[PDB]
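In the model that follows, one finds miglitol.
When a residue number appears, it is its place in the shown sequence, counting from 1. Remember, it's 1-based here, ligands and their atoms both numbered in the order they're listed. All values below come from the heavy atoms of this structure, side chains included, with hydrogens, waters and symmetry mates left out. Going by what the header records, the deposited coordinates were determined by X-ray crystallography, 2.0 Å.
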Amino acid sequence: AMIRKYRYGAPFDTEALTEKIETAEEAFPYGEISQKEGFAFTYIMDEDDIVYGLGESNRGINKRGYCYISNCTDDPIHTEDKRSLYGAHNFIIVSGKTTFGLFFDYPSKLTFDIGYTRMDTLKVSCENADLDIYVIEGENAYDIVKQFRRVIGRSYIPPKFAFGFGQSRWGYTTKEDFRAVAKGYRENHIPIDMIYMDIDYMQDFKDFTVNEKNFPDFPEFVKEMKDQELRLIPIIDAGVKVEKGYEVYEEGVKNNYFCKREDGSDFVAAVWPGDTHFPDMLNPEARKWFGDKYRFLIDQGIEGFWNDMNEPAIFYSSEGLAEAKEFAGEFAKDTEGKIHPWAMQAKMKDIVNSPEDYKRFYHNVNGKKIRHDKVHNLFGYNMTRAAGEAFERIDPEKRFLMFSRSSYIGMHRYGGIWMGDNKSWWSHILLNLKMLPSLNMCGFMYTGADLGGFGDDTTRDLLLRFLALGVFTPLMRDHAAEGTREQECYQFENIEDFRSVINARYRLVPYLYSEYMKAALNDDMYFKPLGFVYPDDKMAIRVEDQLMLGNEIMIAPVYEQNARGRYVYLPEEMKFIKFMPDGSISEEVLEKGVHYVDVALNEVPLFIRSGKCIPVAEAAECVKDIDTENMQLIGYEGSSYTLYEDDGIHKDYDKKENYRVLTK
Ligand SMILES: OCCN1C[C@H](O)[C@@H](O)[C@H](O)[C@H]1CO
């Protein structure tokens, strides 16, 4: 009703929305539209306007002052200059005197020039005028986000164990590796629920295999781990290894389930297994086939998966590599200095994630051929869709843990996302924080970043501050790249500080799970910018390093090295709470306004809003062992809290039995 859909040309059906909106037949209601050069929408912003949205994208909560390109890309260096990361989340909200939301339902490269060229000018452009643009009206940004959340369908809901702590590393390969992790945590009584299995668990990186040498009785290992409340979470990649006798490959070739070149052959992309084919994720029969392969792991006791490299990432194509070797032979023969090393270096970089390669393969959509670049940002989304749909077919009532690196709006119904390859940088604590509300606006609630940083070398104090933010993010996972300084919690001196921080997570799990469930079930946000909760407070609307969570608390993590506290702005009176390393809970009332709060490395801070309280459990070492029967309430006298809790396993969300009222 307050949502209208403006159709240009003949757009591709992304299935991002679950709700049907009729095509509007009036002139576009904001700014101006031009087709002189592909498609461009231009809008002149007021100087006080804030722009929210874009889900997983670079920089801040207010998107003004830079350029953002929705073009799912495998880029491990998230510096401020980058215009594209892994996600394509084409929803923005202009917020000010004039307020409206826009969703550009377009599956290809889409450029958001948000004051980059001229500060007052918002320009959104793409190559082809074949798209739907949804215009959402409302009193404020928050109401517009809520309408949007309604029409894109309910967010993915994880199983409760996924709210525990998880540990992973690109490098764990053998039973011994995994047992050392289990032992490193359990014998030091650091809580944990999950261990991630990265690409080395497979036989030569073949999807839907297990290295039968390292795991000759894999279901028995899965049980050994699960008996200790440790759930193994295996990676699945986009590329299917080319290899004779490998059933997944053979089936794919025989039934034409792979993406093909223009000449009809199966396109070759080299990734971890060397030569691979990509399953045609936009083909329904291929998707059913590919998703059903997950049963191979599910039958073995596996309850969760993560999907990687699904941009899809390409190290090189056969075509790219041939050009590379040819160039290199010229370089090698050059004696006159006609070919500089720089040109040689550039060619080598050019064959990776090449825009040319994305034009070299096609999807078969219900019989019709579509060049991949035209639908590039739909790939990772449909790979995760394939898995989610398969889960429904095998056990309609069971929640599986599922999250994906690349995504597009619509995928939020089928899995979460992690924020990809960050770095052990202090700036990435803050980057992690700012991405949270924007993802929430776009449907992606189950999210998190690699705690401690994926690439480069972490330090003890950096890992502790990351963990203290991760305490509040639904996906809380310590994961590192190969070759990095080891960053399992037991690798550092005074490990009692890591126990204290992760203890805080487990004490908060019933509250955090409850808020997640209440928000997901009501198409609402888990994390919100302060401006959404205090929209009449000009100071509050511009705060970017604090977030509101549910309706009870605010978080404000320390993200500066050597800092012993940080500044905060409280838009109302709050109780400043700290989980202390001795197990106690420090509390102090603070009035509305500016404060510097002391927060030590081994203290986890939060703020409880006036007239609110939250339940806190005693610390336990796995989700199953959390005692929720008579939790302590922290916060304001005379307040109450409605706890959501179900069995954490099935999908019986609609019971009054799931809710109970607690009173301080
Ligand atoms: O080329 C790298 C592929 N992968 C990228 C993922 O983002 C990361 O989490 C993972 O550890 C890594 C190895 O599986």
> Of all chains near miglitol (ligand 1), which one has the greatest contact count, and what is it called in the PDB entry?
Replying inline: Glycosyl hydrolase, family 31
>> Just to be sure I'm reading this right: ignoring hydrogens, which of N310, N422, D308 gets closest to atom 6 (C) of miglitol (ligand 1)? Compare them by their nearest heavy atoms.
In response: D308
> Near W306, which atoms of miglitol (ligand 1) are under 4.0 Å from a heavy atom of that residue?
Replying inline: 9 (O)
>> Checking the N or O distance criterion of under 3.5 Å, is miglitol (ligand 1) in contact with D421?
In response: yes
> Taking heavy atoms and a distance under 4.0 Å, where does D74 meet miglitol (ligand 1): side chain, backbone, both or neither?
Replying inline: neither
> Between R405 and miglitol (ligand 1), does any nitrogen or oxygen pair lie at a separation below 3.5 Å?
Replying inline: yes
>> I need the residues around miglitol (ligand 1) for a figure - heavy-atom cut-off 4.0 Å, please.
In response: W170, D198, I199, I235, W272, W306, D308, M309, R405, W418, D421, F454, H479
